[PDB]
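HY11-7E1_Ch2 Fab Heavy Chain, liganded with fentanyl.
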Amino acid sequence: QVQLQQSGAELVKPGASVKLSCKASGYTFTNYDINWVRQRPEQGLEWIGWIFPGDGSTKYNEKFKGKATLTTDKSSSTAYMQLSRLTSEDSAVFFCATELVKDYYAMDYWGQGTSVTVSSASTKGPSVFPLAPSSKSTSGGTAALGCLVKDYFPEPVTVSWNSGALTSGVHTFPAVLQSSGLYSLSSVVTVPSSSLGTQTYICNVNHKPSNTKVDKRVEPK
Amino acid sequence: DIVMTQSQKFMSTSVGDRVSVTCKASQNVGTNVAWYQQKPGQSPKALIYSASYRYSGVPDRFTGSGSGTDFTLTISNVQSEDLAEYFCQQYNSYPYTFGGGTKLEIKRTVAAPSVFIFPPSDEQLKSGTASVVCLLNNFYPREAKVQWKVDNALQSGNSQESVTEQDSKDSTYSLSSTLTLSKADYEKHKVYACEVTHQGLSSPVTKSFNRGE
Ligand SMILES: CCC(=O)N(c1ccccc1)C1CCN(CCc2ccccc2)CC1
């Protein structure tokens, strides 16, 4: 199966540079273009360019000359995009994508995106607090429990439950910007109340810019 | 300067109905338009290529169409899974360009929020600060008003809230609100409550707890 695996989230000083990577697998890397795309929620989708890993040829969107530079390492089936001269306006999510066409049947594959935050502020890792289940978070035999992921910079955190084994009933809310300029976020899940004594619920919080990993067990009280 | 424009920024439809988004192209592009679906936090996924036929595994609900400069994506028998932002794109000539995006909203029956409240953890209190969380789970429509009351005094300026995207399975929303106080102020008061008003509620719902449990 084809997979494009992109590098973690970045915090970069204004004017500086950062190298994003896109690791390909499951197919012959040298036979298809890697395309790169920018998405800014405040503007939309933009195509940056393509690179063909067989011969290293490229086609850039004129707007990104001197901002982006595409390269590939065929030895490790990895594409790269060097981002340089970033302004605070350049904060964005960057996607890599490839498409395989066989007998004119086409299938696209995308990386999961890399968030780049361009700011002079220093990074801060989150504090993770349990949202304990109790009589005040039950309804019709279901129980709500969660984690509060508080005081971090920049976005994003990734939150999972039980290393990904728990996904049904999860709501991970959009983060809010506090007066301090730090972000805070809630992740909640609804589970059966009957099984609170035998099941374990752990929110896994990961924040790449501060290399912070927390596994927080959420117990009833 | 080369551009692709979708007139509808937002579209609204019920489950089971047909809907279509218009994309106009500034120059002749012929077959070489693509359509994409994107859900919040996820990568785009291509639906249509050659302006007229679908990527492998895309269901027959999605039919693209157009001739030269006028293009439409049509979704028949719309499903709650189809909730997404939709983009057109031209790949005929460089630089490649996308449309501005059309968000699909699902109309459904009213659904009242299940309301839950969480006191601060002891670990947070040791850090000198106290957050109370009020959770409104799977409700519709999106409009809901949450009021924090401490010892029955209406609070303002000390809370923040956020709402989910519309749910892909039941087309509801959920809302989280956090009231944030210092430990010292938290200990000055006894009763912490969040009061919810919503169209599905005939009367406001209050969830509350007494500090010290
Ligand atoms: C900005 C990226 C972009 O434009 N694309 C893309 C999408 C995902 C991943 C890689 C590139 C295009 C998607 C459509 N294909 C059509 C190819 C085709 C035409 C006629 C018959 C069969 C196949 C061209 C590339």
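The sequence lines fix the lettering, A, B, ..., with proteins before strands; numbering per chain opens at 1. Atoms within a ligand are numbered from 1 in the order they appear, just like the ligands themselves.
- Heavy-atom contacts below 4.0 Å between fentanyl and other chains occur for A, B.
- For fentanyl, the heavy-atom contacts closer than 4.0 Å come from A/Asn35, A/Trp47, A/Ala97, A/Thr98, A/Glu99, A/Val101, A/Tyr104, A/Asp108, B/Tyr36, B/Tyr49, B/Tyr55, B/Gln89, B/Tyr91, B/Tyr96, B/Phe98.
- In terms of protein heavy atoms, atom 19 (C) of fentanyl is closest to B/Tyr91 OH, 4.0 Å.
- The PDB entry names chain B HY11-7E1_Ch2 Fab Light Chain.
- Fentanyl places these atoms under 4.0 Å from at least one heavy atom of B/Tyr55: 13 (C), 14 (C).
- The PDB records the source of chain A as Mus musculus.
- Taking atom 7 (C) of fentanyl as the reference point, the nearest protein heavy-atom neighbour is B/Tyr36 OH, 3.4 Å.
- Scanning the protein heavy atoms around atom 8 (C) of fentanyl, the nearest turns out to be A/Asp108 CB, 3.9 Å.
- Covalent partner of fentanyl: none modeled.
- For B/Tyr49, no nitrogen or oxygen atom sits less than 3.5 Å from a nitrogen or oxygen atom of fentanyl, counting backbone and side chain alike.
- Among all protein heavy atoms, the one lying closest to atom 1 (C) of fentanyl is A/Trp47 CD1, 3.5 Å.
- Residue, atom and distance of the protein heavy atom nearest to atom 4 (O) of fentanyl are B/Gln89 NE2, 2.6 Å.
- Nearest protein neighbour of atom 11 (C) of fentanyl, counting heavy atoms only, is A/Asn35 ND2, 3.4 Å.
- When hydrogens are left out, the protein atom nearest atom 25 (C) of fentanyl is A/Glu99 OE1, 3.7 Å; that is the closest non-hydrogen contact.
- Set against the non-hydrogen atoms of A/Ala97, the atoms of fentanyl under 4.0 Å away are 9 (C).
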Which atom pairs, nitrogen or oxygen on both sides, join fentanyl and the protein at under 3.5 angstrom?
residue, atom, partner, partner atom, Å
fentanyl, 4 (O), B/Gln89, OE1, 3.1
fentanyl, 4 (O), B/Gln89, NE2, 2.6
fentanyl, 15 (N), A/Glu99, OE1, 3.0
fentanyl, 15 (N), A/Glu99, OE2, 3.3

